[PDB]
Protein chains: 2
Amino acid sequence: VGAXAXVXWXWXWXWX
Amino acid sequence: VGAXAXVXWXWXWXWX
C-alpha cells in the first residue's frame, strides 16, 4: 500500500 | 509492493 505494484499508484489497482 | 505500508521501504517489512 503506497506505490509500486498492488494498491496505491503505479500498476495493479488504484491509479497509474 | 514498492513503498508505503507492506513490502518495500517504509513501514511493515523490508526497510525503513
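Chain A corresponds to the first sequence line; subsequent lines are lettered B, C, and so forth. Note that chain A carries the PDB entry numbering, so the residues on display, from first to last, are 1-16. Throughout, chain B uses the PDB entry numbering, with the displayed residues spanning 1-16 in order. Modified residues go in as parent or X - their extra atoms don't get counted.
- Located at chain A, the drug is listed as gramicidin.
- Recorded in the deposit, the name of chain A is gramicidin A.
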